[PDB]
> 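Structure incoming, see below.
Sequence lines set the chain letters: A, B, ... in the order given, protein chains first and strands last, and positions in each chain run from 1. Header lists the method as electron microscopy, 3.1 Å. Just so you know, ligand 1 is whichever comes first in the structure, and atom 1 is the first atom listed for that ligand. Worth knowing before you read on, the calculation uses all heavy atoms, side chains too, and leaves out hydrogens, waters and symmetry mates.
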Amino acid sequence: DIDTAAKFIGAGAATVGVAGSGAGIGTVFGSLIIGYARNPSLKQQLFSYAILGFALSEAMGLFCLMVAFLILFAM
Amino acid sequence: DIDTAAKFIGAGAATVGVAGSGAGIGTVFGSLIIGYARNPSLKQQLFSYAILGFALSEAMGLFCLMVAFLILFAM
Amino acid sequence: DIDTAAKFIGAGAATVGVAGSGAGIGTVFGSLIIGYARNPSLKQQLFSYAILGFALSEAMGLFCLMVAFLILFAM
Amino acid sequence: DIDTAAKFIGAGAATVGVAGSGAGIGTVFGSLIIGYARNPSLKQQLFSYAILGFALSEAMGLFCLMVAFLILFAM
Amino acid sequence: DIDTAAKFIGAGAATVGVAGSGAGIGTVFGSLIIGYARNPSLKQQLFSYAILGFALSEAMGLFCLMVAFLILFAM
Amino acid sequence: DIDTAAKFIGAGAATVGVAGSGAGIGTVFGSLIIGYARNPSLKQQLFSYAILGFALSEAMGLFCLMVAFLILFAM
Amino acid sequence: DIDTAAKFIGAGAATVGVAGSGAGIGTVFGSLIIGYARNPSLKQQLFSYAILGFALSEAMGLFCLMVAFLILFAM
Amino acid sequence: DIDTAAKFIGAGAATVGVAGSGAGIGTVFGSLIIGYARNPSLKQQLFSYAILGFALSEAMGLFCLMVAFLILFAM
Amino acid sequence: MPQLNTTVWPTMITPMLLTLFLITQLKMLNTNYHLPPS
Amino acid sequence: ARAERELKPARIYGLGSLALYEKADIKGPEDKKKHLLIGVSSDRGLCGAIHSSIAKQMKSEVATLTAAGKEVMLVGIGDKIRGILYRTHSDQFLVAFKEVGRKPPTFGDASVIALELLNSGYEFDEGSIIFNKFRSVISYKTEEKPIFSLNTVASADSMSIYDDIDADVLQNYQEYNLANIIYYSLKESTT
Amino acid sequence: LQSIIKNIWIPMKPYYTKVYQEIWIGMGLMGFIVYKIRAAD
Amino acid sequence: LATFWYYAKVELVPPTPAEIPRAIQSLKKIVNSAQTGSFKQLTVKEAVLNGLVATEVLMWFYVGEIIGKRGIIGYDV
Amino acid sequence: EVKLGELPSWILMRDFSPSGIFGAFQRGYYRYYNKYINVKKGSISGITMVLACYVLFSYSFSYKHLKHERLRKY
Amino acid sequence: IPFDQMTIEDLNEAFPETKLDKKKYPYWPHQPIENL
Amino acid sequence: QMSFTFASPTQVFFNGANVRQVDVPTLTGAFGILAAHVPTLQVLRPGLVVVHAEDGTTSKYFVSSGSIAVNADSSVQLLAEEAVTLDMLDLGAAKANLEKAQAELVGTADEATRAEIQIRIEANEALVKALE
Amino acid sequence: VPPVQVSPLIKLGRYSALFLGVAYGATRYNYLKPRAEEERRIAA
Amino acid sequence: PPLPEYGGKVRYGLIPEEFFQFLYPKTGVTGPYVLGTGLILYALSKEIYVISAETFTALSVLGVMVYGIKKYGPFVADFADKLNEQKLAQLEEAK
Amino acid sequence: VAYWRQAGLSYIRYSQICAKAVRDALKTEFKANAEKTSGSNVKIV
Amino acid sequence: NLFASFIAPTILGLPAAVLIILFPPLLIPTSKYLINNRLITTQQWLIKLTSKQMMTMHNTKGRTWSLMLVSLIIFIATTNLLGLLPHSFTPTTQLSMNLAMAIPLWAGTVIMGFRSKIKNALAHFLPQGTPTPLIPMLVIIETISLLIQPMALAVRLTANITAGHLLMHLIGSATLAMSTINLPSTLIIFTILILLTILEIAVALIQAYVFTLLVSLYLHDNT
Ligand SMILES: COc1nc2ccc(Br)cc2cc1[C@@H](c1ccccc1)[C@@](O)(CCN(C)C)c1cccc2ccccc12
């Protein structure tokens, strides 16, 4: 029963990788705040990019979560 | 019972992932400070954007914490 | 007896998560320095935000330590 | 028994490495927001540079997924 | 035995957490340089915040260190 | 055999360290976006610097991969 | 023995805290570049700050390093 | 039998510490790009500092690498 | 890692020295840029 | 009459336009070679010593600078000063302008003059504009105001305190302040 | 070995004699390093 | 498209039984060169030409082999 | 030159010295260079043929390794 | 001679302005990198 | 502490007045200026200028071009080539000239004239966004 | 360029070799299949 | 001596037309083509060319080469021609 | 460096165009007085 | 099995690695003529641009290394580019050749920095505006960095090129394994492989340029 134990440890290690997505979302929305303070007329378009940015970095993060479950539940 | 041991190690690993949300909240509120010191007439909209960014970053962090508590208790 | 060993390992791995709060507080106070160097007459409000940022970012760090104290003693 | 175990552990540790990809994508699109708020006439060139940065980022990630696969399947 | 071994491992994994204080000190003094080059008339006051920032970020680092010396020497 | 098991574990732990190069490439190309939005007449020289930055940052991550393979195959 | 083994693992884990000092030195000298591009007539004072930041950030790293040695050769 | 296994594990955990230098070199050259786009008449002097920063940031990372081999080959 | 097999190292060192230092440089010395006339 | 009434807001404007260069205390370079000299006057005579004094100052400091080796090129806003100085200083002459005086001078006029002063290819490294500062109905004084280029306002170490400054914003500010000082002098010489 | 002296060494003489001397010191260093690496194997 | 078929309908077609006489005739010519040894009479140009044509007919044999086993890459099992 | 000679003694009549085969290689290189490269209005095929021959050579010695990855055994 | 059949030594013979200063600059490219 | 001097070529709005905050649309973005703001000097782009008097009440003008200068002694000089209070502009003419300008842009192909068209377009866009 | 009628010996060689190859391939495939499955089963 | 104005008329960047003309008389137009197809079939049939990951890396790099050639061949060719004619024009002017 | 500065314009031309745009958006009550108080009459020789 | 394309190639028992290493200069023909073909024209233009890029930042003594540094970048770039051909053995993936390119140049650099200018070279170890109270620690880092700058060069090349090839090869296998399975997935993986091949071309050129630029900077800091 060392296999299931290592599956636990591997799921934990794999889900460590969400820190990058957290920091990336932080940077995206921080730069949105700054760039909107500078040129508040483009509030719409800037926000669009924000979503795009927030969608990409978080995507990578979700991958980790997916991989985590793939080590925890699938095999 | 090695599974208890693996559960503890995996919970520690999974909760490592909150560093991302920490640095993300730091970046979001730092950029709020900067963007407000530049254009302090948009205090309300900048604060709303900061709340959104903080919510998303802490959401990723709490995803990590929830994975930790799910490994540690709910198998 | 391996479970207590893993308790130690998981407590260390949990408390490594405070690096995020460290970097977040660093970013918050760096941005406070910048935004105060630009528009110092806002020294009050800026600092307020800084505190908030700190008081949120550091909070995440505490969560990490919390899970440490959940594995090391509460189990 | 222990070999497949360590393979799962190493696979998780290897797939950690895309946190940097997440943070890099975050920074890239954040600076895209900023540089577009600065010079909103160069939207196409800035978007091209952002796509380039996102590509190179997901690339440095593939470098980690390579060792993850190599540990998991082709030891 | 196994417990002292894991005590060493956990102390190491815990003192890993000083990376956040290192990066935070770096960011604080970087923003100090930038904000002093921008508005050198506020130097003293700016430097004040810098100290605070340092004394706070490093603070979190100490936590990591001390909890290591709680697994390594205390229990 | 525990030696090959720890080879896998150490290979994963080693290849963790590509997150730094991911984040660094993100930073370099974000700063390229910014500095090109501020002075688009230097499009060439800026890009040149970007290249250098990239090729150095990524370099560090590959060192990690080196040790990974140096552990995984060549002992 | 299991003490020498985990002492090796603990030193190898503890010496990760140098990542923070690497990133902190990088940030300090990047901000020095920026603050010099802004106000080049303070090239002396700026540089002093840089060194200070450097001599502080790396300092934290050194702590981590010695901790590794502290658990490798001393005890 | 297990001391060599732990040497492999500790070597991996030691060499993961190069992410800091990856991110630091990224930051140094991104700030070089920005500061050059702002004041392109100091192209040489800025570059000088960049190298310094690089030569320092990388330096820290290589320390980790050295320790890796000092755990993997010396003892 | 086949790069570590030190038995085939000289086979990689001596021809490189014949290319980097003797042949490529010789072909560079034959690439000359005259000055512009009046 | 009315020109004195419109001189008050224009004086506030043009004087707040140059408060920077006296708060930042830009001294200008006394070493560089090229030089630009604008002389503001009108076209219709019967005004006394207006154009005569302008010409006196113009040719006087033209000789004063040519004695030091600085190349001076002349601009004449107003046909009177142009016709007075075209006899002796014609090769040292960049461009002149019309219709100055008939209608009250407006900011469009100063903008056009400044545009043509930039769209002329004269890389002027320093300049001076000479107008008739109105003090009272009885008396005026021939004054001149300096005009700095980009390289002297960007290299002045007293401008190191001004934040968010690069060469482009300084270029735009210098061009607009050229137009501003021309408008100030055009409003002062009508009175 | 004519045109081996003139086409091969006459061009490279000012470099092989004056400019690349420290290069040759470093090449001796590298040869020593390679010999020691191959000796411990 | 159709250019390939337009060219193939002349030379890439089965040999009509009416031209097997001069086919075995050319066979007789080559075998007479074998009889006396007239391959000594042969220079390299058309020699390598005939060698290339022999390689081409061998590739016809091998295409027939791969279509005689219903599998491209080797024998399926 | 061959393609017109029809005797076997030719094959040994040639200059099989190190200098001889070196000069033969040099003459072949110069014929190729003069034909495909050393002309104005030149083309890239003068380089793609060299690259194709280099690929054939780099595959020829790599066959001993690729033979261990066949999907048939006959 | 037309310039299509001209060698660099022929150009140095016809236009002495173009000969490189192999004495002031002994090493490649025998001229200042700026003027290159 | 702040000495605000807001002036057009023909009219003076504030002269040495003590307002607490002024929000200006600089070419490098918009920023708000309070007392002891870092010394800067910038050139404006078409947009609103909101002046906050010590009473907390706002005065909103529309500047077309000019220069803002914040000095070391907290003195602010804002010079607008055409500073028009919002009660003098209309939305229909702005939107119609925006129509015209975008039309001749998609019609024109040369760089300098299309640059002039783009400047007019962004001016009228600032007008529309300022009125509503 | 107009087509060129090929020497009939070459056409004969082409098609005779094609048919000989068809036959050879079929016979060798049916010859190797039983030995193939034999050794596949005996391997386990 | 002057340089010729054309090269060797290589078809597909790999095979020169001298081969096609040399194989034209005996086997017609489709001679070289059917020889090539038969050679490729005998190669990847008797496992002479064994399919591997290198097959797909080869296809990828060949596609990138062909696209880069077809997209930047005219540009680089005219660039070299203009460099040569600029040098020639400057030398004719200095005459 | 904005797009018009790349296109060769100067800030005086930019300001002329933006001020003309602002005046053209004035309501007809003020527009005549506006273009007359800011119209140009100078001419180049 | 997997590292097979990095083992020293041998055909019929002979080490073809020497031919593979000596081939790159064959692609750079030279001519004495004044107006020559498109290949030599483009190549001489590229060499001129490269020399102006690398050498302009040197003084009159550093510029005596123009031949060395230009031939070095021309050799590394050509080797890395020839390494992308199918089945090709890339000699820059070898730690031996990269160490033999790195150690001589760096060693000659520091030796010419310690023979002349030795006082200023040793002052370089301590930055100009350095406060005193902790200068000994700054002595530990610089020297040790100087002691690892040669190796850090060679590996930076090797661990790069090798890795690139590995990745491509691995991704290649992916397509093959998914060739007999859902084909849209195969086309996605093949598009990934095409993007990776473009990245590998760019990284070949970039690694050449960065190797020669770091040697150039070491030299500039010693002349
Ligand atoms: C679509 O995403 C991409 N975009 C890219 C953009 C540029 C470049 Br150059 C490479 C890119 C590569 C990819 C993926 C990809 C898709 C197919 C094959 C190979 C690679 C990816 O590598 C994701 C990148 N991260 C995760 C490292 C991946 C790898 C492995 C497993 C995956 C599973 C699920 C999703 C993505 C998976």
> List the macromolecule sharing the largest contact count with ligand 1, named according to the PDB entry.
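Most contacts go to ATP synthase F(0) complex subunit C1, mitochondrial.
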> Answer with one of ponatinib, bedaquiline, epothilone B for the drug at ligand 1.
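From the list, bedaquiline.
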> I'm curious which other chains sit close to bedaquiline (ligand 1), say any heavy atom under 4.0 Å. Can you tell me?
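By letter, the heavy-atom neighbours are A, D, S.
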> What is written as the name of chain S in the entry?
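The PDB entry names it ATP synthase subunit a.
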> Which transmembrane segments of chain D, as ordered by UniProt starting at the N terminus, contain a heavy atom less than 4.0 Å away from bedaquiline (ligand 1)?
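Short answer, by UniProt and heavy atoms: 2.
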> Give, by chain and number, every residue with a heavy atom within 4.0 Å of bedaquiline (ligand 1).
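By heavy-atom distance, those would be A:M60, A:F63, D:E58, D:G61, D:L62, D:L65, S:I192.
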